[PDB]
Amino acid sequence: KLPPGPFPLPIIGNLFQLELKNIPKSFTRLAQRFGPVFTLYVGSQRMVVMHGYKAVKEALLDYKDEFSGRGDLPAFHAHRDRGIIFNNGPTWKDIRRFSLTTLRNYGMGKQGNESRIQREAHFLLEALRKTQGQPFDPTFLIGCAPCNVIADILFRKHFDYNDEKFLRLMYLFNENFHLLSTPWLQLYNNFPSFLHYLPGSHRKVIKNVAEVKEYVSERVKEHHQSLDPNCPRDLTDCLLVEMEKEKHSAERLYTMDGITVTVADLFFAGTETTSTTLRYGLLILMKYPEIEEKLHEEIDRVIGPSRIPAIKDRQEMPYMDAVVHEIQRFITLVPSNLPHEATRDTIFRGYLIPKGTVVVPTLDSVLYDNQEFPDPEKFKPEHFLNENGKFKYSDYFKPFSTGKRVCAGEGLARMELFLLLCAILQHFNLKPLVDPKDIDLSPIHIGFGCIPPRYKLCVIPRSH
Ligand code: HEM
Ligand SMILES: OC[C@H]1O[C@@](CO)(O[C@H]2O[C@H](CO)[C@@H](O)[C@H](O)[C@H]2O)[C@@H](O)[C@@H]1O
Ligand SMILES: CC[C@@H]1C(=O)OC[C@@H]1Cc1cncn1C
């Protein structure tokens, strides 16, 4: 027997039970009705949804290997079963393991992630000053910071903030994440063959993915022509070197195409989610100026107005720590996670879950638990503050997921969020164009991601 769920119709399945523009809300509605594990058909693809901390944790932690597969995502068919993110094949385990180890090597030491982020803060602060306290759209300014950070690890390359190629890549990342959060792409994701050769915004996503891949492909090729296996320059070099070291084996983990997919995965994933979180963070703080003020107080007391922020500052800045945690919790940036897949026939809570079934370990339902976070729908730093006014740790903080497919750059992202928000607020006050009271924090699109409203602001200097 399958987990309980709604009776499906011919062709469309349970499409009437879903609001295309807010799938996460529909999951939640279905959870009250059927419980923390339920079956759904969207089209002819059967899925099982986990909802709530217990179900999600059990799925990812007690059934590690059973649900460690990756569900298909037609828009990213040019990556399927290659690289990391969209890899449901036999190369996933080893490519992931090697990529994690390599990322850790580049993150460790005095030339590590902290220093890399600190250097990049210089350019970020420079760009913010150059706005002269005039209105500007933050989207493609602040996004440069994580984009350059991951580019350094991948290509040992640094872009000027208005390099045309650089802006184009970020534009593509932004459009994709945006469009992948819209009702049309949600329909396409589930009915790809009915919809693919019709007109629609799905074509742009597909075109955009191919364009990022092509750019990464050329970079991989330029690295292969000028390689020195004794002195690795970046992550692509390490992957290229690993490819030569297996040239006489039976089965191959590394293709030139496998590597560009792997690196385009990291490039896209290393840029877009960090950029969106920061951008969403700035909007949030502008709605709550008293929160911005307390942060300004903590920075000036602990770090002072001049010294560059460092990761260990987190340990002496409980309010910033709580705020950075609360931004990630409140926005539920990837609210349905990435789709998992059953690797074999599995019995979960006495329910049959057949091989190939899509498994959805819902994240918003963990981030919005009303027992762990009383008033979950509200932005409150005190969701992460104890009695002593100190940081209050929570296991329900899972915006990166958990288990075998846990976000490959969790540590990078968290250090970026802390250091860069610290840097920004050390040197600037945030000025909204509209009154704080009229700021709407609701996402404008909800799908693969949660998309912030478009806005402009001024940043007014603190330092001179
Ligand atoms: C706020 C920033 C970020 C968020 C919210 C986020 C979130 C996530 C989530 C929810 C998943 C799916 C986990 C699962 O399937 O169980 C994921 C996967 C992944 N992320 Fe992130 N991530 C962020 C930053 C990053 C960064 C900086 C990188 C690269 C350095 C990155 C690379 C990846 C990769 C390669 C995967 C696929 C893992 C796999 O399939 O085995 N992410 N991320
Ligand atoms: O169809 C799903 C979803 O797509 C939207 C736009 O997001 O409309 C698309 O599909 C309609 C067919 O149902 C077309 O008439 C329209 O041209 C196309 O944009 C939403 O209206 C709809 O919910
Ligand atoms: C389709 C892939 C998903 C997406 O678009 O945004 C989140 C997820 C890819 C991802 C994983 N970690 C960071 N990102 C950007």
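One-based numbering along the sequence shown. In each ligand, atom 1 is the first atom listed, and ligand 1 is the first ligand listed. What's counted below: heavy atoms across the whole structure, side chains too, no hydrogens, waters or symmetry copies.
- The drug located at ligand 3 is named pilocarpine.
- In this PDB structure, UniProt names the chief binding partner of pilocarpine as Cytochrome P450 2E1.
- Which parts of pilocarpine touch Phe448 is read off a 4.0 Å heavy-atom cut-off, strictly below it: atoms 1 (C).
- For atom 12 (N) of pilocarpine, the closest non-hydrogen atom on the protein side is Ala269 CB, 3.7 Å.
- Here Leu338 has side-chain heavy atoms under 4.0 Å from pilocarpine, and that is the only part of it that gets that close.
- The deposit lists the origin of chain A as Homo sapiens.
- Of the protein's non-hydrogen atoms, the one nearest atom 13 (C) of pilocarpine is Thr273 OG1, 3.1 Å.
- Protein heavy atom in closest approach to atom 2 (C) of pilocarpine: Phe86 CZ, 3.8 Å.
- In summary, the atoms of pilocarpine found under 4.0 Å from a heavy atom of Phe268, numbered by their order in the structure, are 5 (O).
- Under a heavy-atom cut-off of 4.0 Å from pilocarpine, the UniProt substrate-binding residues of chain A that qualify: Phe268, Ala269, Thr273.
- Scanning the protein for heavy atoms near atom 4 (C) of pilocarpine, the closest one is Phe177 CD1, 3.9 Å.
- Neither the backbone nor the side chain of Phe267 comes within contact range of pilocarpine; no heavy atom lies under 4.0 Å.
- Measured by non-hydrogen atoms, the distance from pilocarpine falls under 4.0 Å for no UniProt heme-binding residue of chain A.
- Counting heavy atoms within 4.0 Å, the binding site of pilocarpine comprises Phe86, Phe177, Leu180, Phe268, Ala269, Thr273, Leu338, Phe448.
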